[PDB]
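Notes to accompany the following structure.
Convention: sequence-line order gives letters A, B, ...; per-chain numbering from 1. Counting convention: from 1, in listed order, for ligands and their atoms alike.
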Amino acid sequence: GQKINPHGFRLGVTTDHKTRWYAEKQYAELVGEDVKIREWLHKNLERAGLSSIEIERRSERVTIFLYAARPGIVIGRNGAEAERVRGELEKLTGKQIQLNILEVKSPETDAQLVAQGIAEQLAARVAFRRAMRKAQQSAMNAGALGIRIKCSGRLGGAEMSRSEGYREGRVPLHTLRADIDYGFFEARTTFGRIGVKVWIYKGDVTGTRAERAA
Amino acid sequence: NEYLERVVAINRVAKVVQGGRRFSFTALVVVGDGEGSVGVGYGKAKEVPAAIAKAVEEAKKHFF
Amino acid sequence: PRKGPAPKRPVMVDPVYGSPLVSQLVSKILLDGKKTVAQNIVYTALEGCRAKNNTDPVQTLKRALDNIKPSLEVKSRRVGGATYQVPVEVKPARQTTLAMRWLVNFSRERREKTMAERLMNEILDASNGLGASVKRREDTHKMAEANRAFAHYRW
Amino acid sequence: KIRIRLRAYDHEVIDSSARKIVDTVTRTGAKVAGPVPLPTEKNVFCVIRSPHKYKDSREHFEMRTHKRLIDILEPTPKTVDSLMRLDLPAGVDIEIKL
Amino acid sequence: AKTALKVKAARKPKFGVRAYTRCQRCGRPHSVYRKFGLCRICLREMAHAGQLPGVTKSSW
Amino acid sequence: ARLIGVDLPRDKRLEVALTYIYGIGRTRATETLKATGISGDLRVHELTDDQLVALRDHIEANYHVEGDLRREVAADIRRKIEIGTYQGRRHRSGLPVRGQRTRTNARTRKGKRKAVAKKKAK
Amino acid sequence: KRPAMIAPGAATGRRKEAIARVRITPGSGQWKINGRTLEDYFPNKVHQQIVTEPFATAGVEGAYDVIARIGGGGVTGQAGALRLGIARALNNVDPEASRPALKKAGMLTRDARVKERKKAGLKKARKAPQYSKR
Amino acid sequence: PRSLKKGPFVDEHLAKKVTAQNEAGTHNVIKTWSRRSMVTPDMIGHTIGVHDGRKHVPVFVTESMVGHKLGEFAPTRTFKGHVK
RNA sequence: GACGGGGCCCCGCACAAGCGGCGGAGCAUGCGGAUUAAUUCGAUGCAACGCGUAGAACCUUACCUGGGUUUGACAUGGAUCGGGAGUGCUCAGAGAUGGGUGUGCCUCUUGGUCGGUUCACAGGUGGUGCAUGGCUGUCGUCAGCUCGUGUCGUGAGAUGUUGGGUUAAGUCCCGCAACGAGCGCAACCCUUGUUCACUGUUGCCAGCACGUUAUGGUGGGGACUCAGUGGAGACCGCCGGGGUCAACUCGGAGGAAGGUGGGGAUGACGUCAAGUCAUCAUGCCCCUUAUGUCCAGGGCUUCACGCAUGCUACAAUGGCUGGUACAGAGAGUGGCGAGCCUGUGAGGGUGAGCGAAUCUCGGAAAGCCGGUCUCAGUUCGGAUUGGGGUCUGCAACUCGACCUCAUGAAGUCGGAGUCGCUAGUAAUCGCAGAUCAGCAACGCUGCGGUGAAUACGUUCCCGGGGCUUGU
Ligand SMILES: CON(C)Cc1ccc(O)c2c1C[C@H]1C[C@H]3[C@H](N(C)C)C(O)=C(C(N)=O)C(=O)[C@@]3(O)C(O)=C1C2=O
Ligand SMILES: [Mg+2]
Ligand SMILES: [Mg+2]
Ligand SMILES: [Mg+2]
Ligand SMILES: [Mg+2]
Ligand SMILES: [Mg+2]
Ligand SMILES: [Mg+2]
Ligand SMILES: [Mg+2]
Ligand SMILES: [Mg+2]
Ligand SMILES: [Mg+2]
Ligand SMILES: [Mg+2]
Ligand SMILES: [Mg+2]
Ligand SMILES: [Mg+2]
Ligand SMILES: [Zn+2]
């Protein structure tokens with residue numbers, strides 16, 4: 001209701017932009033194609049689980065990094081699904097797409113995949129308290145310094161809306177040098193949708209671009 | 001398991017604050033061996049399982 | 001304020017006449033943030049003063065300020081179900097401020113055409129002992145004397 | 001002689017690219033004027049924070065364009081080929097004025 | 001916005017003066033920036049999420 | 001009765017005494033003075049009859065002034081009324097004609113506020 | 001106690017978004033700011049005192065020339081920047097005989113008072129729109 | 001108003017209808033939605049039903065109409081007064 | 001817990017001390033009401049009302065009248081007949097659309113692309129913000145809100161988190177059945193104030209050489225300024241007093257800056273079923289030859305009225321006029337446009353230069369100086385109204401800005417009441433940008449110029465904080 005997006009707040013300070021290209025007469029159209037690419041990938045690759053889509057451009061050539069928990073779905077069998085998604089990408093944009101798919105080392109520590117899993121459980125009608133506790137426990141088993149999960153909506157299929165949350169460890173949202181990964185997802189239930197937000201305090205980062213990306 | 005227990009009663013207690021009411025759960029547990037040692041535990045938490053577990057672990061140290 | 005007495009900005013001196021009084025006068029005229037206009041008015045008034053009398057314009061301004069300086073003034077008090085007018089002595093800085101404010105306001109209220117020698121006329125009249133500023137000083141002193149019975153409410 | 005204009009949004013990558021260019025041309029001889037920083041373009045966007053009826057609370061954003069300039073005093077066609085063939089990060093562009 | 005309105009805005013508007021912008025992600029017709037398309041809300045959320053290069057919060 | 005139908009006020013500069021005439025403004029008076037070759041910074045009470053009548057002749061020859069222009073303006077408004085344009089209808093209604101807003105003030109045409117009683121809340 | 005030293009020198013002055021390049025040199029004490037003289041560039045005695053008084057509070061007096069290049073700001077800000085520049089020039093020329101009095105007079109200090117920025121929801125830096133309950 | 005060097009704007013179908021009416025007899029009512037058009041002498045003495053939003057109100061164009069738009073004579077709002 | 005016309009202790013432009021306003025006048029703008037075929041919808045004490053609107057003549061547009069359309073204006077998938085689709089010119093029409101006429105797939109024997117007939121289906125700014133997600137206001141930059149374990153009590157619960165001192169701060173210090181931790185405070189970030197190193201164009205010009213007279217125009221220069229990267233710098237760190245002490249506090253030195261240096265970003269647990277189904281998303285309900293959808297015209301701009309936010313004023317600290325200084329921050333290729341010519345001017349015609357530290361917007365205005373007006377409802381004010389125009393646009397009637405000529409309204413400083421502000425602030429002065437063909441922008445977000453008065457103080461008014469007392 002009154003809290004800033006952690007990623008936007010720390011943008012430029014500790015975290016970095018997901019798109020890296022420069023253009024001053026086409027800026028809008030490149031933004032539009034980027035929006036198309038991201039919407040298409042999110043709508044057609046829910047099963048894989050998307051941490052982030054990172055877009056680069058050099059000269060009429062687009063490069064897409066897809067950070068996914070299980071790239072098995074993206075690659076299909078011997079890269080057949082990768083080739084088909086690349087082909088759909090040329091069909092959508094009209095440019096030369098170089099697509100590479102990367103793992104997430106700790107999916108239980110990346111907040112976006114954590115929200116993915118919690119929303120999936122809520123859609124599959126798992127008790128929200130049990131789901132949140134499982135995600136929290138898994139995050140601290142991995143070794144995050146602080147978890148915070150909040151599920152808002154018609155939790156448990158009720159009529160009134162609730163805002164149930166869990167947290168322990170430390171999550172200093174106000175600290176800019178604090179490396180806080182933020183994820184959000186929406187569980188699509190037979191009763192509207194539940195908003196699941198996850199903050200994960202990875203640790204403290206210095207400068208020079210977080211040690212120039214460590 | 002090793003020690004047999006019953007949850008006697010659970011209650012939803014609340015604390016009124018400026019925003020509203022801060023609800024909480026209280027748990028009565030009775031844990032015994034079935035052969036002569038028994039104890040009762042009272043548990044306070046925000047959640048039923050946490051209150052029950054706190055009550056059980058508090059009752060363990062009250063076996064007579 | 002609650003915290004305590006806020007610091008006062010030091011008063012500068014007039015480059016021409018070398019007196020903080022004229023700087024305070026121009027800063028009191030000082031309408032709309034036009035320092036140059038205000039001190040053009042003030043210098044014109046002081047030069048008119050030295051024209052009409054041989055004495056120094058800064059000295060005649062000082063004499064006017066002493067003739068308009070109030071010694072005590074009454075303030076509202078909320079004791080009981082009726083308001084009182086408690087007389088309070090006036091510190092030198094406060095009374096200089098009051099004299100300057102009254103001088104400027106009554107100069108603005110004078111009937112003559114231009115502000116410069118409306119203020120000049122008011123200054124000369126006050127230095128002599130006449131004018132609306134001196135009348136207001138006398139009236140405030142008179143009302144303080146009338147309400148002098150509440151000098152024991154001072155805190 | 002031979003202008004190189006570098007423009008990006010991050011001064012770290014600007015500086016790294018300028019250092020790479022100057023060290024390349026130098027590795028190919030060609031003494032070259034130091035990277036001089038041009039004033040940064042500073043675009044500002046103010047946006048109503050809320051989606052509805054809340055105008056007094058707003059959010060401000062900037063798009064800072066950092067620009068650096070390089071002069072290649074020595075013609076050095078070998079450096080010409082090097083500067084046309086090397087690779088630069090995607091965020092920064094290059095403008096070569098012959 | 002309505003889909004018919006979005007497609008009508010996308011298509012050439014007979015007369016030149018009759019064209020307008022529309023949020024290219026959102027369809028919103030009000031407060032659309034020429035620099036990068038989008039709109040008020042779309043700009044705010046995408047800048048926060050970091051898909052707009054060079055765009056960061058300003059606190060000068 | 002100094003000029004055409006108006007008396008120029010004494011002790012006032014000619015350049016504005018001319019503007020005191022209906023149909024004559026600041027620039028019209030300035031032109032008139034430059035055409036007649038008469039200074040504009042001298043008071044009206046020093047005005048010889050020859051230059052006065054030269055000024056009168058120039059004004060009468062070049063400019064619609066006083067009764068003529070007033071009748072022309074009234075005729076224009078009456079023509080709008082009788083043709084029935086939107087502007088004419090607004091003129092008859094005594095309401096702003098040049099697309100001014102009428103919801104809030106329109107006061108210089110609607111006159112003084114004749115406040116009316118309205119519905120009373122509970 | 002010593003009447004300082006004459007000696008050439010130079011410095012820079014800044015005040016309220018105005019830059020003052022000052023070069024003080026031995027001479028008669030005349031002025032030339034941006035080519036034009038003092039009485040031309042600072043046409044009125046409103047704020048000639050603020051730029052002349054560094055010499056008055058120093059041992060040297062109006063027998064010591066100065067050349068000023070002034071940019072940015074308004075007339076008063078330029079005056080303040082020029083005053084600070086002259087004060088700094090006298091400082092770094094004679095940092096022992098003029099330093100104590102020159103600093104005590106509050107002149108080897110640059111006031112950071114700059115126009116505060118406008119803020120959203122407010123008419124000016126601090127002025128607020130007229131509150132209207134009901 | 002419209003620039004003089006661009007000439008008056010007649011909506012190019014009102015013009016053709018009034019010209020046809022002139023050729024075949026100046027006796028008919030010409031129904032149009034062209035409030036946008038400029039009255040011209042060539043249509044003087046005609047009757048034109050100008051749309052006003054919901055009905056084609058007829059105006060008989062006279063000599064003095066010429067310097068006006070067709071829509072000036074077809075009021076779009078009805079007021080009649082507040083209260084009654 | 002909350003509240004108290006209970007106490008003690010506190011804090012905030014909350015008063016007080018001040019300065020300038022609003023409420024009166026004209027206009028601009030939003031809204032209520034009324035009106036209307038429609039005056040689309042949302043916002044309603046603070047925290048709705050120059051708010052969604054960072055741009056309503058068409059469009060936008062969601063509304064109204066009327067004219068069209070029905071797998072639909074737009075998606076995705078199966079079949080089925082196909083080769084053009086898609087378009088140029090013409091005709092009819094307000095247009096939608098319909099009729100002409102020209103042009104007419106690339107592979108291949110089975111694709112891209114479209115067609116119908118269907119079939120599935122689409123579409124909805126239709127309902128519900130008390131079904132919701134998201135986002136936001138708000139109390140509130142307020143100093144707080146809690147947890148683990150222990151302990152006390154049958155229990156809710158308490159302790160920590162009370163007390164003494166201090167702080168902007170639950171900031172610390174002392175004691176203490178508490179010992180700890182977390183979210184808030186602070187700091188890390190941006191900007192501004194000092195300085196160093198590095199670099200030197202499109203920036204700068206101290207010393208050197210010419211330049212058309214002239215312009216850092218020129219070779220050149222790292223000095224100065226600036227540009228922008230990386231450092232330094234402030235920490236009650238030093239000195240003295242107070243403070244057992246201890247936190248803190250006072251004074252001083254050094255210093256550009258001293259006790260948080262100024263400003264921004266940042267809004268704890270939660271409250272208001274607060275706003276938003278109309279940005280988007282979505283549960284359920286509703287519409288489906290219509291609540292979809294296309295088009296022209298109209299409306300969102302109405303006007304007996306009421307409120308609100310502003311602008312211009314009521315003049316001489318001013319008006320008019322000639323001359324003459326000093327900015328910052330920004331924008332620009334369907335763009336910014338210099339120069340010259342033309343016009344009273346808006347502008348027009350030519351038209352370099354610049355994708356821009358280069359070129360253009362460009363003039364800064366207030367101010368200073370000379371002249372003039374002389375207290376006049378005016379040489380104040382510029383509303384309204386009449387004439388003649390310019391530009392943008394398919395098109396300025398409803399309903400644009402601007403120029404010019406004429407006209408010259410109320411207004412003499414505004415009732416009860418009410419608002420903002422503690423310093424480069426208020427007050428005023430101009431400038432730029434977003435949206436944008438144009439613009440009703442006086443709005444909004446920024447930018448610099450000039451530049452105050454006052455704060456004894458907490459008694460009173462409003463909001464809030466700690467503890468305690470009563471219910
Ligand atoms: C009417 O339906 N029943 C009776 C209850 C009701 C049911 C469903 C709703 O969705 C709302 C309401 C009550 C209204 C009251 C609104 C009102 N407001 C419009 C001025 C108001 O007085 C305040 C306020 N000052 O705080 C509110 O709370 C308010 O806005 C609000 O939330 C409301 C709702 O939407
Ligand atoms: Mg448009
Ligand atoms: Mg007060
Ligand atoms: Mg008023
Ligand atoms: Mg409405
Ligand atoms: Mg609705
Ligand atoms: Mg509600
Ligand atoms: Mg709500
Ligand atoms: Mg509502
Ligand atoms: Mg903070
Ligand atoms: Mg809906
Ligand atoms: Mg409206
Ligand atoms: Mg303050
Ligand atoms: Zn949008």
Would you let me know which chain has the most contact with ligand 1, using the name from the PDB entry?
16S ribosomal RNA
- Indicate which of sildenafil, apramycin, palbociclib, sarecycline, apixaban is present at ligand 1. sarecycline
Next item on the list: Tell me the other chains with a heavy atom below 4.0 Å from any atom of sarecycline.
Entry: I
- prompt: What ions or other ligands lie within less than 4.0 Å of sarecycline?
  reply: ligand 7 (magnesium ion)
Q: Please list the residues near sarecycline, using 4.0 Å as the heavy-atom limit.
A: I:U44, I:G45, I:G129, I:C130, I:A274, I:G275
